[PDB]
**Q** 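Notes on a complex, metformin with NADH dehydrogenase [ubiquinone] iron-sulfur protein 2, mitochondrial.
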Amino acid sequence: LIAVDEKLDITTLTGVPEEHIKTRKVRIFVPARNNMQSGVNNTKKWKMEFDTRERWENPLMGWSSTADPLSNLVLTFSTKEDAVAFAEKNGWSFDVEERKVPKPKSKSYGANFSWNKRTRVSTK
Amino acid sequence: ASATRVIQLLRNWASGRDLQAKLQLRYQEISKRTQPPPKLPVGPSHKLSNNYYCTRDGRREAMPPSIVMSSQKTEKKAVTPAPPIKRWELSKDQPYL
Amino acid sequence: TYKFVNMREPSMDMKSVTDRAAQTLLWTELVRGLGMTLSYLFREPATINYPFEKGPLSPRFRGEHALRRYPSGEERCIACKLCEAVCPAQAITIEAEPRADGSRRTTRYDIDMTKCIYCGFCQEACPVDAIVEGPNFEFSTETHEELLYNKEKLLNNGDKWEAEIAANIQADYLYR
Amino acid sequence: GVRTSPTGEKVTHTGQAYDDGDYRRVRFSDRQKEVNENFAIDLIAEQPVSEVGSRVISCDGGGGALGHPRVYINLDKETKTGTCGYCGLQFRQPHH
Amino acid sequence: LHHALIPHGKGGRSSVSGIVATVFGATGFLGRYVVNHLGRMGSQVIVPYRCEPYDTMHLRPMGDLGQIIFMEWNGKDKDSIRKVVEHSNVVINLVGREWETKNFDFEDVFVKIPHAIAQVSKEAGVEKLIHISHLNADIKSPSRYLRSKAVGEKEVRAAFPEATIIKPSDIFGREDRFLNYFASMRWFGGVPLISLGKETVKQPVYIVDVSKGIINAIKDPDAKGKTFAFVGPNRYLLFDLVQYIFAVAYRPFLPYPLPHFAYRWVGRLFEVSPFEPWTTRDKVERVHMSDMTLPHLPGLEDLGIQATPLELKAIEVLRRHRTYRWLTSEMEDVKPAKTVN
Amino acid sequence: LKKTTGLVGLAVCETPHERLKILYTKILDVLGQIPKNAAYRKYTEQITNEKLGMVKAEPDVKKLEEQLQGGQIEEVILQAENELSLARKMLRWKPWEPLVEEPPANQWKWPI
Amino acid sequence: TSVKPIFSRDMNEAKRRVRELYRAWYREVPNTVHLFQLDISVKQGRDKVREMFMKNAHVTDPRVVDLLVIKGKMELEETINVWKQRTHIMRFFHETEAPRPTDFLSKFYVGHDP
Amino acid sequence: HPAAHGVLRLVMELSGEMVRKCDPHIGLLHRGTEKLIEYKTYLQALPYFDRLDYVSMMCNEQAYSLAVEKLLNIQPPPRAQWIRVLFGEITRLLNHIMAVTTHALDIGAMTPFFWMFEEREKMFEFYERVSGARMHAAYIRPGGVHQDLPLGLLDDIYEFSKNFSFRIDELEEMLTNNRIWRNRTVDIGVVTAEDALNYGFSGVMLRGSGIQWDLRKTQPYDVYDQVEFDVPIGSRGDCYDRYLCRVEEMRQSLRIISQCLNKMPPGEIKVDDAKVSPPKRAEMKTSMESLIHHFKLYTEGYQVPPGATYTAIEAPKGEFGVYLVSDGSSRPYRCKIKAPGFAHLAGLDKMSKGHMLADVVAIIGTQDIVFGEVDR
Amino acid sequence: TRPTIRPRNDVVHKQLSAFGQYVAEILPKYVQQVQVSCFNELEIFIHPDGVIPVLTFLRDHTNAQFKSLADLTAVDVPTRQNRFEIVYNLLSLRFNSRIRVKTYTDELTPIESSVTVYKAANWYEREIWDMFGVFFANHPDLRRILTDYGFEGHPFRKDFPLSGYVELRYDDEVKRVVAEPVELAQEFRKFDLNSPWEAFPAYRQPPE
Amino acid sequence: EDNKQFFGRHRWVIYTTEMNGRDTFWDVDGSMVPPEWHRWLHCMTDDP
Ligand SMILES: NC(=O)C1=CN([C@@H]2O[C@H](COP(=O)(O)OP(=O)(O)OC[C@H]3O[C@@H](n4cnc5c(N)ncnc54)[C@H](OP(=O)(O)O)[C@@H]3O)[C@@H](O)[C@H]2O)C=CC1
Ligand SMILES: CN(C)C(=N)NC(=N)N
Ligand code: SF4
Ligand code: SF4
Ligand SMILES: [Zn+2]
């Protein structure tokens, strides 16, 4: 069992082009909750996605063309540390966004009928 | 099929079978290309009462696999994955070709 | 149960040995194969006289695509993108906006017929019977671009094949 | 109701027509432009308005299971007709 | 610029380069190379063709879907010329025959057709015109080919003052005439040369270099109304050139001097073929003629192209002429020819 | 006694009982070198003595095949040879030792 | 932390294997040019081998070096057994790709790429 | 090459015409089916299985549907199961016809190819009647089958099955006792039972070597535990024994087809669970819950509980298996496709030891390789 | 009756659990975990260097005759330190059963080749190497099996793009097929299908 | 139509010698049949 005092780096093995190794900055983050729904089941795992590149219009049929291999590549991680480790060992740059959880809120149905406070509601 | 009697005899003699019994061309013996409309059945869950999805939800009865042994956590008889497969019986219909 | 395809032994009596020797020296099974081929020669061929005769088809056949209309002339498609979502090969591209009269109607409805796998999922997912797969299958072209249908081409296909499409849907709609 | 652009090119029901300086008009030279002559908006405008004596009507597009999902239209606004937006069909209560 | 003419992408097959080019004479050697380069860029290419559509098939894979458009054209029909140049901002002219047929002369293919293309393109508003001429285009040249080349160059300059006139020396490549014509004289015994090829100096130019120079002349904004000379890096004597050609082809080299009148009569004999002639009198004159030196005109180095020496690309053309004994011989096995610089 | 075993490459053995006894004795000999408390040793010794007892009590081949429920007698012999080879390899491997290494903290978690 | 070595233990044996593979590739270029009928020179092939070896010169992990030499042996035996065609051998040279710009001004002119 | 099935590069070392080694180069028909399946949903990935072994298409669909239903913890209706088994045996007839006739064509005989391909045309008509597509039906789906049979399909299938044993007999009249065919096939590509098991063969290869193993008998699926049939068993493990096994399997599949025709039950065709299988068109256009479930099933697809399974069936070419891994989403996390022909083509080199070029052609034919499923 | 719910087999579940306990007791040095899924499939998680002993035991043992290797593949889970998960599927014909053995590895750690236990492991491990990058130590011939000659990268990895990085075409200038960077006329439209509402409460994970 | 012929040969069409503006005396396509007769000829129905 050999001992290596080196950082893990598999860029030479992954087969990714040098352009898409050096000029790529992934975004490690937990996706924001879709404001159109009240569910929070899509805000539990960390995601790693790349930076947006150019999209142009196909001269024929007017479709959306691309020249970026990693446009649709999104990776799922259970932990910010795991995502950072994967990005470091694959050699891409990365920007980390801290997870935003809602702060606890004090709710009371009896506050809707306060005797002297403004929390009294004018309609139900 | 439309063929002469002599040609049918020659075909039967050459092949050794009565070909007219088993013809490989379809002559009005197949179903009509137009059929009366059907009325398909509904199913077992088309009741109007005593039919709640919580009592007939297959996906919600699935469970994570049971952890029989985990390292992290008398003389027993040796066991097998299952009882040994029984010896097959020779076919009564036609044991040999 | 099981059976043995080949585990029989031949009888060694003189008559059977002589029969096998006659089969070896006089090519009996080869003559039998010749007779079978001669019988097939004197049988009637199973060839149809295309293009004057066509092979049978069914109301469920999935051929060329078409966009249908209501009997009033209004387009059935409501830009709901269910077919686009369910398309396995991503052959459908849809773009829509409110129309002049406020209708929810498409402006771009493209199907790449060189990407489509003719699986029939789009007509299953359509809630208004707008996109259908017609009975046409003889629409081969000489250039690749001619197979990249757009909304005008699909509407022309629907107008061209509406009678047969309607008849097939009437025939087969009770099984769906 | 097909209409002709100033360059002589037919205008589709989506208003599509290449500009005068657009090079992409070269694809139609020695060939044709595929335009559907029937306009669904014009045809559905040609369709009349059905008068029914009920506050709520139902439309399934005709044909039953061969039409569109059945929806209910509330005919209470007397300043306009209630339009089934699956098939663009107008309904109205009898006035006067 | 129109909103659809703005370049987009990364210069690939599916990108947009903003170049809409009508390429006359695209069903040929230089034509196929130029069309391939344009389609590789990702440009819109229009191919006017008078031949059978079966002979345009090699141009189909050269571009993405819809980027290559084939339309008929006459040459005597300014209506067809306008039809094909109406929607293009670049017009490239490579029309030319090395021989003369019944219906088209050297006057027709090199004076009338180029002038009609230039005049019609000016009316249609085409932004850029590229016109291919010959390096030895002299009005008093012994060759009707080159006299017509000079007259057509003057007519094109008069009709379209903002043109780019390119004058290659002698294009050599896989489908060329030059190396194949020299290497196909094995069948006629020896190699007849006028003055044994000792009084002729030639510097041929590579086909890919010519096509790249044509492409870069479109992209360069300060080459609008100019004239270029496309020549190779090395000048060879004709004897040394043919000797190197035969050495690379691994064929026995048997040169012999044939007087000019005898060679002219031989060329007259071979031009009676209704099909493509093997050689002609004008071809003999051009082969004997030494390439001109025009240091004042710009060239490949001015357009950004490093001219490829013949010693690097000769084996692509001449390996086909080898026998089984010498098919696998490598490029370095033959010593480079003696140059005259 | 029988013409063939019915399986390609499996020859018929004229002395099944003696060969089975030899193989079981060799297997039991190899298992004596395995530690007494090893879980592998107990189970395979139990099954071998169970099968060795059957071969020593039934002289008929057909009834022995019925009782062993291991296919044909040639298949039983081949399985005994495989068990002997496995016993030797396990003697070399020594897999009764404690676990080599616990996995990382989250290695078999699913979904993840 | 001690890890299982693929080969080579420390870096010296990995360098030795790199040298062995480099010799194997260097002695193969004439055969590759002869068999595939390449129009490139033998010097060009040797230079390409040197260049492909040199782009991994920054690796300091012996296991990564071992995997690289394993893959180099694989693609060498594809060349020796003529499993590859001239297509792949010339794919090594990128003979058809246009030269990408590398300066800020040119990259700014052409498009939005970084 | 005519005998290479189109996308096989067999690099062979020959001493004269004797084969020294076979090195099958595959991947010329590799498309990335498993990655694409990862990117598709469970309903969108079914045609991929339809296109894997494109000669046993409803068999591939049935295997995939069994895997997905096992993960979902649902159950198809009995009529759906009976239709599945009936069309699985029809597909087995199609596949065995193709295999035997292409084998005989590589050997040199073509007349049986033409006859049995007319029979294949009739079975294609059956496929098109049920599904609308002649071969790539996408008919068997997780939860049951897409649509019900038309009102003459059973009678036409009965007529076809009635008139097919004569076609099999005519096929046997040209090959079974022909001495040239026996010379070409007998004692060619002999594989022992232990070698077959270790190399991972399945189905006709094992049974030709003499192994009494059939998935439809040992690990039944759908309603294969309610039908009676016999499993052919070989004796010498050669091409001739495997050919006899395939012919007898065609006859036993005719048995099963007759049993299915007689025992077809009434009822619905898919699980009555609108969260897995879509509702009917009328219910979708009249019921709000049905419309919602149709929308969600055809846009997002049903979620599958997390878990990994390996489900295998006795496809006409051997054991066809799927290892499906679901992470709880509406799209599969992993899908490994175990094609029976992969192991057989891996074992091609051993079977061709001491043989010749024509013998290798015969061995390929008896292995019955589909490179669509081999490469995926 | 519950016609729409899959019936369960407690007998087979108990038998599989008992055999899992059996193998775990026999091989404590390698077996890390034993599970029985509710649809009666036995799954064994072992140490990566116990592959050869465990497979040889499961093949040659009298009470476990898993003489057939049904399948052999890997699963990529980038969130794990050992992203690659090697899976062996074995079939025992004598006892009419199936078993699964799972091990783990990362990019730079080899896994012992099981071609000496099963001959199908040859091509199965060749495919695993070609599609994931896992190296198998003692393999008679380890090379690419499915990808093109000279193909760079392992495509079944989660971090590999769906369309790859290069695409092929015929170039008329060089008279051969060429490989150039991938460029799509229509980009693959990525869809977000997951609903934000939890479907299966039985699989809910602790908030942690 | 000739119901005595086997299935596939019991219905056939003799194409016209001129359709639209193309002379189809020899150049006859399978796409020259209007959809109703197409349905009848391909046997999606029994009713002409
Ligand atoms: N090739 C050389 O060595 C050199 C060539 N040049 C010049 O470069 C240009 C391109 O040369 P190159 O590619 O070799 O020539 P080619 O003979 O190979 O190609 C000529 C092209 O022009 C077309 N063409 C020729 N005559 C007519 C006509 N009368 N009407 C319509 N189209 C016609 C041909 O089409 P089709 O097939 O339909 O007839 C073909 O597409 C020419 O102007 C030539 O003079 C200059 C220096 C050296
Ligand atoms: C595609 N399949 C299965 C073949 N047998 N093909 C063939 N060309 N022989
Ligand atoms: S038939 Fe299938 S592949 Fe074709 S457009 Fe419809 S959904 Fe897409
Ligand atoms: S499913 Fe039907 S209504 Fe919806 S977008 Fe597609 S064609 Fe239009
Ligand atoms: Zn309506």
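Numbers restart at 1 for each chain; the letters A, B, ... are given by sequence-line order, proteins then strands. A fraction of the deposited model is presented, and contact counting is confined to that fraction. Ligands are counted one by one from 1 in listed order, and the atoms in each one are counted from 1 as well.
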**Q** Enumerate the ligands or chains belonging to metformin, duplicates included.
**A** ligand 2
**Q** Could you give me the letters of the other chains with a heavy atom under 4.0 Å from metformin (ligand 2)? Thanks!
**A** H
**Q** Which neighbouring residues and nucleotides define the binding site of metformin (ligand 2) at 4.0 Å (non-hydrogen atoms)?
**A**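 Non-hydrogen contacts come from H:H5, H:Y54, H:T102, H:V370.
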